[PDB]
Amino acid sequence: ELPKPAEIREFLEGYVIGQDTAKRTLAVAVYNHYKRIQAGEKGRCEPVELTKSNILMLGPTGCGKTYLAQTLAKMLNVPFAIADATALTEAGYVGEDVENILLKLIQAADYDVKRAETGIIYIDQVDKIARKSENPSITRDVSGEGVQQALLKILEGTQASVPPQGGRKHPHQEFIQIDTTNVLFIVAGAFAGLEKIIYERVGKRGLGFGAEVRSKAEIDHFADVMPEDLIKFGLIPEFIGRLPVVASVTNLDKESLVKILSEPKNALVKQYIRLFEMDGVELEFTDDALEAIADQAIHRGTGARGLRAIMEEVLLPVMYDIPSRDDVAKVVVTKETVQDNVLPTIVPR
Amino acid sequence: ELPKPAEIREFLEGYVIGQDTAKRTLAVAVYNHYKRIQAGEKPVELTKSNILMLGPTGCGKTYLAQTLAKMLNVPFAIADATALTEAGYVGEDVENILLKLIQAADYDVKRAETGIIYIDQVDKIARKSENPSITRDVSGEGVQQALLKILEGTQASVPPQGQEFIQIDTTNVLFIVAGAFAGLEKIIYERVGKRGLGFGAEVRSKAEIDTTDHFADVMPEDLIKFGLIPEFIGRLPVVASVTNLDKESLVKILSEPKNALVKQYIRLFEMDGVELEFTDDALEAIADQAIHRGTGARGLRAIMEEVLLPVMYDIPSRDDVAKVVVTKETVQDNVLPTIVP
Amino acid sequence: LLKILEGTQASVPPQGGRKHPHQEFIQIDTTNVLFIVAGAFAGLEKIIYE
Amino acid sequence: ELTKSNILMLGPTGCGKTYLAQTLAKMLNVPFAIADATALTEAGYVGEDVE
Amino acid sequence: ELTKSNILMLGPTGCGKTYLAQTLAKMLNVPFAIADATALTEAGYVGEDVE
Amino acid sequence: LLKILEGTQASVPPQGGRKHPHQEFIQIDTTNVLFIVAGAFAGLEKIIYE
Amino acid sequence: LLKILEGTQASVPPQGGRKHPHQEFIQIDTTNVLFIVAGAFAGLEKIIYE
Amino acid sequence: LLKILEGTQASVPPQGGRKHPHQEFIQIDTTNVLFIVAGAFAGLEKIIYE
Amino acid sequence: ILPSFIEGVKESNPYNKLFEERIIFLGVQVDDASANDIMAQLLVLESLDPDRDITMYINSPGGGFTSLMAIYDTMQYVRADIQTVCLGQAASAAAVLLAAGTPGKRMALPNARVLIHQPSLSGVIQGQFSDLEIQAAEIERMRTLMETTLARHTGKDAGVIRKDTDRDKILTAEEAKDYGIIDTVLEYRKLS
Amino acid sequence: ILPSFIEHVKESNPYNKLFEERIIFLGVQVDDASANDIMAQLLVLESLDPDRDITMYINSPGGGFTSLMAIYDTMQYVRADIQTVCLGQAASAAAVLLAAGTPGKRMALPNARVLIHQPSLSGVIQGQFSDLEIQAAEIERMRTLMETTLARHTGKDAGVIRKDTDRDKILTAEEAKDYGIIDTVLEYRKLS
Ligand SMILES: Nc1ncnc2c1ncn2[C@@H]1O[C@H](COP(=O)(O)OP(=O)(O)OP(=O)(O)O)[C@@H](O)[C@H]1O
Ligand SMILES: Nc1ncnc2c1ncn2[C@@H]1O[C@H](COP(=O)(O)OP(=O)(O)OP(=O)(O)O)[C@@H](O)[C@H]1O
Ligand SMILES: Nc1ncnc2c1ncn2[C@@H]1O[C@H](COP(=O)(O)OP(=O)(O)OP(=O)(O)O)[C@@H](O)[C@H]1O
Ligand SMILES: CC(C)C[C@H](NC(=O)[C@H](Cc1ccccc1)NC(=O)c1cnccn1)B(O)O
Ligand SMILES: CC(C)C[C@H](NC(=O)[C@H](Cc1ccccc1)NC(=O)c1cnccn1)B(O)O
Ligand SMILES: Nc1ncnc2c1ncn2[C@@H]1O[C@H](COP(=O)(O)OP(=O)(O)O)[C@@H](O)[C@H]1O
Ligand SMILES: [Mg+2]
């Protein structure tokens with residue numbers, strides 16, 4: 001009946017490389033969501049009701065949080081609304097309200113409410129609604145703390161009255177009543193300063209003998225994470241307890257980033273082979289060069305987004321020269337990635 | 001109809017585990033409210049007895065109020081204070097918590113003049129020092145001053161659609177307000193507690209910081225330091241000390257209630273056709289990890305999703321009978337204890 | 001701005017630019033909008049030199 | 001499908017970054033907005049927002 | 001051209017200071033407003049909360 | 001705070017929602033308003049002993 | 001205070017409101033407004049003695 | 001100011017055309033708007049002298 | 001020779017940047033005044049957080065016995081686990097403080113020497129033979145208390161400590177790991 | 001005299017300005033208090049950036065061996081490479097610390113002196129012959145460890161270190177580069 005977590009992860013494996021623990025989660029958690037919807041309309045039969053078990057995705061930038069949700073959008077059979085916490089405010093203030101990410105779920109079910117009661121909202125960048133202190137903020141923080149306060153009625157499940165947002169004021173098209181008790185919330189964020197909070201919790205100092213000082217070659221990082229690390233990051237404790245699952249995205253190593261270049265569906269070197277094909281030029285990467293791009297992308301330190309940053313300071317003299325001439329093959333060698341400003345191998349007609 | 005306060009708590013005991021002092025304070029103040037109504041219908045000008053609940057998160061404040069919803073057959077609003085603004089501003093206005101009452105009263109106004117309006121997260125409407133980028137903080141002191149008239153009890157016009165306005169008297173309407181008040185645990189420790197230094201001085205480790213200081217040590221001057229204006233406290237003379245849950249109650253949350261946690265997961269695995277069992281050593285090993293989280297009974301889900309993460313990936317792709325989650329899976333790394341047919 | 005850079009379904013107010021929660025919006029998709037960004041970065045050459 | 005490849009352009013003052021963009025405006029066959037990040041403010045706050 | 005005289009009530013709390021002034025206002029049925037000075041902030045903005 | 005204790009023509013907004021349209025304010029003078037202020041002095045007797 | 005004390009077309013937010021955008025202001029000319037500023041200047045007694 | 005001092009298609013945030021509730025902004029090109037700026041720069045004559 | 005970053009604010013020399021990272025430093029001899037300094041720091045770091053480990057660095061030549069047991073008791077008293085790290089030497093009383101760290105958390109640098117020896121009187125204590133009978137029963141009590149202290153922390157018999165501290169026993173880092181004074185010899189962490 | 005200059009509130013001497021540029025300064029003899037200073041500075045600069053290298057200036061007549069191995073092990077412990085520059089002299093322990101820098105990064109000024117010699121005892125250590133044969137097994141432990149330490153770093157055999165440190169082997173900067181203590185005689189960068 002339902003897509004098993006091995007079948008959900010196998011779909012995610014086609015797009016997302018690496019990220020084994022954060023693909024078991026979001027295949028487990030989507031499968032439990034599918035079992036919550038089947039148990040919500042049928043089934044002694046154990047008269048228990050199931051709580052939603054929301055997800056917080058950690059992990060650094062460019063490492064497949066949004067991309068693992070956009071992949072999860074492609075096979076869900078359930079309404080999905082990717083949403084951004086960097087556009088959300090308190091009620092009363094000028095930005096988008098926290099029930100307009102729930103309008104996006106209703107708009108994802110084309111207008112349907114009963115399907116949107118069974119949906120998934122992905123609130124992206126919830127490390128950006130975190131405070132700058134472990135304490136209550138002196139300012140109001142309408143875009144930060146007050147969003148977390150406004151989201152938590154929706155995260156635990158409520159009779160939310162979604163404004164239709166097509167009139168002059170709010171009750172001009174008769175608020176869409178939605179129940180968010182079965183709406184799964186996969187929230188995500190990079191949580192850049194959270195790694196410093198986790199070392200200060202466990203007793204690891206960052207100075208002296210036997211205390212871990214961190215080099216740039218390393219770029220316990222998001223595992224052994226607790227809610228008290230996220231309270232001290234800036235998430236209020238009411239917000240974190242409504243997010244029981246931590247997906248634990250990790251930094252992509254060199255062996256993952258080599259495969260991110262070549263293997264996925266919209267893979268990165270497939271995009272440039274597509275670009276040079278519009279110039280009538282075949283683009284070839286030697287496999288020593290693909291490892292050299294990913295070797296420089298971990299020094300770049302921006303995830304798989306850094307792979308795109310390397311391949312356009314490598315192919316930049318190529319992409320300038322080649323549309324003004326006539327070639328067949330452009331063999332990217334390993335000698336132009338690690339040794340910058342090297343003209344690669346040409347094969348003309 | 002008037003349920004006795006021992007009978008109010010014994011219904012609360014069926015759902016809420018632990019929180020024994022907060023269940024006495026709710027059951028007495030709910031009983032004192034309806035008995036003062038019934039004696040008034042048949043005085044030494046008695047107190048209003050509105051309830052301010054406050055405790056650690058996940059420990060049951062909303063779940064205490066949702067259990068009072070399922071009992072009294074008196075109209076019970078479940079309104080939130082995270083959408084409340086001042087009048088004449090974007091967002092939900094203060095009089096909508098009266099509209100949520102008559103929606104729960106089936107628009108009968110005389111049962112909504114006896115009902116309970118529960119307001120959730122009044123720690124949101126506490127005063128913050130005003131950010132000079134927001135154009136009139138509308139969510140703090142002004143929501144809270146707009147509650148002052150209806151917490152005591154005034155006539156209030158209620159806009160519908162949440163034509164004519166509905167007049168509700170709130171002199172005999174009980175107000176249970178709640179919030180975790182995360183900074184208030186530090187403010188009380190600034191008064192009744194000391195950073196103990198030296199030999200024979202109590203230093204109070206982080207495991208003992210995770211106790212409650214809201215037991216009898218909360219005062220109105222601590223709530224004003226949080227941001228609550230002093231009149232709003234005076235409309236809340238009853239303070240229900242919601243406490244942190246101990247190890248004994250967190251074991252009993254897992255198996256005993258109606259939608260108990262292990263009953264939620266046994267249902268999740270028998271939809272795969274596989275029994276899920278727990279040793280009693282395992283449920284105690286789940287429950288003592290939730291005290292380290294500080295997220296209350298909500299943290300029991302964070303543990304059991306983390307403990308049962310590899311089997312929920314594995315088990316539906318297999319043919320099994322049962323698996324016995326043992327104490328070697330929360331304290332130690334996950335054994336896969338499954339039993340094949 | 002990072003949701004705008006990477007590509008999102010962004011609701012743009014046609015009011016003039018000042019967001020306010022109620023109106024019809026303009027839905028734009030920025031998954032093909034190029035974002036040249038620039039800046040002087042006047043204190044960065046010391047940071048690079050380190 | 002292809003992605004954006006956005007540009008972070010760095011350089012000292014008065015050496016032509018805006019003037020590269022103002023020149024690139026004049027040929028572009030593609031709509032072009034000169035924005036300014038100082039004019040922008042986070043959502044919920046006064047000043048312009050990033051939309 | 002007479003000028004009013006205001007009362008400064010000294011001493012520690014819980015001695016019945018506000019209950020003296022409230023009873024004294026209930027005697028002459030004049031208005032009576034309890035206010036606190038913690039309702040004013042030690043960061044500025046004072047002048048609109050005095051109103 | 002001492003401006004109202006001394007007596008001033010103050011313009012009172014009728015509620016928090018009336019700071020939005022700005023044309024209507026409740027006029028009051030505190031020239032005849034009695035002010036009974038009070039404190040929480042427990043470290044003053046040191047100076048009284050002094 | 002400099003352009004106020006000498007004279008400028010000053011925009012004045014009304015009672016209750018602040019200098020935020022989309023706020024109506026009052027255009028006053030402080031050219032003929034006399035300013036009598038004053039203070040105790042307690043430290044100045046040492047300075048004139050210097 | 002630096003976008004204004006060089007020339008930009010700025011839009012004034014209050015009062016676009018005597019306050020219509022739609023389009024409160026009007027465009028202005030500050031490319032040909034001359035800017036004269038001034039100040040004492042009181043500590044600068046100690047800096048120039050170095 | 002020490003770079004102090006002076007300033008009305010904190011001074012911040014490198015020893016402050018040790019103490020803020022919960023590193024108590026014992027690099028002078030263990031006299032009363034240094035023992036007084038260490039115990040003041042051990043209590044302050046307990047009061048700042050009693051759960052985070054206090055690290056004690058030991059480059060000390062050792063010193064007086066009551067100053068030793070002043071530091072020793074305060075190390076054993078505080079709720080924080082004490083991480084002792086030997087720098088160069090932990091001689092005399094300072095080897096006892098090195099063994100007084102929390103088990104598993106007693107460290108030494110590879111070329112740090114650990115010198116254990118029985119207590120000695122500084123100079124000559126004069127007096128009548130009844131005075132000297134008291135002073136000799138005292139240093140025998142100091143000797144026995146040092147041996148039973150090292151018996152508790154090295155896991156050895158106090159008679160084995162007595163035979164080994166009969167003379168100066170200098171242990172290296174690996175020899176102090178085998179003895180029981182430290183638990184790990186610190187490996188070099190250099191990326192070269 | 002050592003002047004200062006106010007940066008921005010803070011008053012910094014040139015030793016602060018050296019230390020903020022990752023430069024540790026060994027300018028006095030290697031006793032406990034100086035070694036304690038250097039080790040504190042080595043751990044602070046490693047915590048600030050464990051990849052940006054630490055420079056150690058050595059103008060030192062050398063000193064105690066346990067204070068030597070305290071600095072030595074800390075120089076070898078930190079993740080940052082140690083750039084040792086000899087300034088005028090590096091004698092005894094200071095020459096061992098000079099050789100203790102990262103290979104390729106050990107410098108000396110052209111008229112710097114590098115003096116290597118075997119460990120000694122300052123003055124006479126009294127005692128019974130059982131005490132003295134332990135103090136002499138100790139000074140042989142110190143001699144062998146120093147010759148092993150100069151064997152790791154000069155690339156020479158420890159028996160050849162032993163024959164050379166029989167007396168004061170005093171090296172110039174060019175002679176210490178051929179020996180292996182430094183890697184670069186640091187040439188002048190004067191514009192004129
Ligand atoms: N595991 C992966 N496999 C394949 N491609 C990946 C993977 N992780 C990241 N990418 C690539 O990196 C790009 C950025 O991914 P994404 O949009 O998820 O950013 P992100 O890391 O979530 O950013 P943030 O953490 O700030 O939200 C995507 O276009 C995707 O192609
Ligand atoms: N004392 C309790 N007994 C039984 N179940 C409990 C208890 N406390 C919490 N739970 C369970 O955990 C859920 C969360 O508790 P609840 O909603 O009361 O938290 P809360 O205290 O309102 O949190 P917050 O302070 O963040 O608003 C409940 O719905 C219930 O399933
Ligand atoms: N390479 C160049 N060739 C010709 N003219 C130039 C060049 N660089 C700058 N200019 C001139 O300098 C003026 C300012 O250029 P621009 O507007 O790009 O400032 P900018 O240096 O980008 O300022 P900022 O760095 O602060 O954004 C332009 O009017 C242009 O005519
Ligand atoms: C062996 C351990 C316990 C301590 C060693 N010496 C002692 O026992 C010390 C001697 C000493 C040595 C150096 C500096 C100050 C004092 N013993 C005492 O403190 C002491 C004091 N009063 C009576 C008896 N012994 B260590 O300092 O060489
Ligand atoms: C050769 C290197 C390793 C060290 C040189 N100095 C030493 O050998 C020093 C000189 C010294 C100082 C005080 C007391 C006794 C001896 N040796 C020691 O540190 C020392 C200490 N205890 C026992 C044996 N040697 B040098 O002068 O730095
Ligand atoms: N001397 C007193 N006589 C009668 N009632 C008192 C007395 N002192 C305090 N109270 C009671 O205390 C309550 C509040 O006291 P209040 O006058 O506000 O003291 P304070 O000004 O010190 O806070 C009143 O409701 C009153 O009933
Ligand atoms: Mg709640």
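So that the names make sense, note that chain A is the first sequence line, chain B the second, and so on, each numbered from 1. Only a selected region of the deposited structure appears here, and contacts were counted within that region alone. Numbering of ligands and ligand atoms starts at 1, following listing order. How was it done? The header gives electron microscopy, 2.2 Å.
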Undergrad: What does UniProt call the chain that holds ligand 4 with the greatest number of close contacts?
TA: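 Per UniProt, the chief partner is ATP-dependent Clp protease proteolytic subunit 2.
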Undergrad: Out of curiosity, which of roluperidone, bortezomib, gatifloxacin, tiotropium, carmegliptin sits at ligand 4 here?
TA: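 At ligand 4, it's bortezomib.
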Undergrad: Heavy atoms under 4.0 Å from bortezomib (ligand 4): which other chains do they belong to?
TA: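 Other chains under 4.0 Å (heavy atoms): I.
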Undergrad: Under 3.5 Å between some N or O of bortezomib (ligand 4) and some N or O of I:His117?
TA: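 N/O-N/O distance under 3.5 Å: yes.
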Undergrad: Atoms of bortezomib (ligand 4) less than 4.0 Å from I:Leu121 heavy atoms?
TA: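 Counting atoms of bortezomib (ligand 4) from 1, those under 4.0 Å from I:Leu121 are 23 (C), 24 (C), 25 (N).
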Undergrad: Distance under 4.0 Å to a non-hydrogen atom of I:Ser120: what atoms of bortezomib (ligand 4) satisfy this?
TA: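 Here the atoms of bortezomib (ligand 4) in question are 7 (C), 8 (O), 9 (C), 10 (C), 17 (N), 25 (N).
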Undergrad: Would you say I:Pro119 has any N or O atom under 3.5 Å from an N or O of bortezomib (ligand 4), going by distance alone?
TA: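 Between I:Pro119 and bortezomib (ligand 4), no N or O pair is found under 3.5 Å apart.
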Undergrad: Which bortezomib (ligand 4) atoms are under 4.0 Å away from a heavy-atom of I:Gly62?
TA: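 What qualifies from bortezomib (ligand 4) is 27 (O).
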Undergrad: List the closest protein heavy-atom neighbour of atom 19 (O) of bortezomib (ligand 4): residue, atom name, distance to the nearest 0.1 Å.
TA: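 Going by distance alone, atom 19 (O) of bortezomib (ligand 4) is nearest to I:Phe65 N, 2.7 Å.
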Undergrad: Within bortezomib (ligand 4), which atoms have a heavy atom of I:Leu68 less than 4.0 Å away?
TA: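 Result: 3 (C).
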Undergrad: Quick one: nearest non-hydrogen protein atom to atom 15 (C) of bortezomib (ligand 4), plus distance?
TA: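 Answer for atom 15 (C) of bortezomib (ligand 4): I:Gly64 N, 3.5 Å.
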Undergrad: For atom 14 (C) of bortezomib (ligand 4), what's the nearest protein heavy-atom neighbour? Residue, atom name and distance, please.
TA: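 Its nearest protein heavy-atom neighbour is I:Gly63 CA, 3.5 Å.
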Undergrad: Near I:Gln118, which atoms of bortezomib (ligand 4) are under 4.0 Å from a heavy atom of that residue?
TA: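 This gives 1 (C) as the contact atoms.
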Undergrad: Atoms of bortezomib (ligand 4) less than 4.0 Å from I:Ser92 heavy atoms?
TA: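 Atoms satisfying the 4.0 Å criterion: 1 (C), 2 (C), 4 (C), 5 (C), 6 (N), 26 (B), 27 (O), 28 (O).
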Undergrad: For I:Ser122, counting its heavy atoms only, list the atoms of bortezomib (ligand 4) lying under 4.0 Å from any of them.
TA: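 That gives atoms 10 (C), 11 (C), 12 (C), 15 (C), 16 (C) of bortezomib (ligand 4).
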Undergrad: Mind checking whether I:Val30 contacts bortezomib (ligand 4) via backbone (N, CA, C, O), side chain (CB onward), both or neither, at a 4.0 Å heavy-atom cut-off?
TA: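 Within the 4.0 Å criterion, I:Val30 makes no contact with bortezomib (ligand 4).
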Undergrad: Which one of I:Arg141, I:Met146, I:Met142 has a non-hydrogen atom at the shortest distance from atom 21 (C) of bortezomib (ligand 4)?
TA: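 Nearest option to atom 21 (C) of bortezomib (ligand 4), by heavy atoms: I:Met142.
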Undergrad: Taking heavy atoms under 4.0 Å, what residues and nucleotides bind bortezomib (ligand 4)?
TA: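 With non-hydrogen atoms counted, the site is I:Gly62, I:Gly63, I:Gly64, I:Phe65, I:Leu68, I:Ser92, I:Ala93, I:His117, I:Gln118, I:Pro119, I:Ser120, I:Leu121, I:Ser122, I:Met142, I:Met146.
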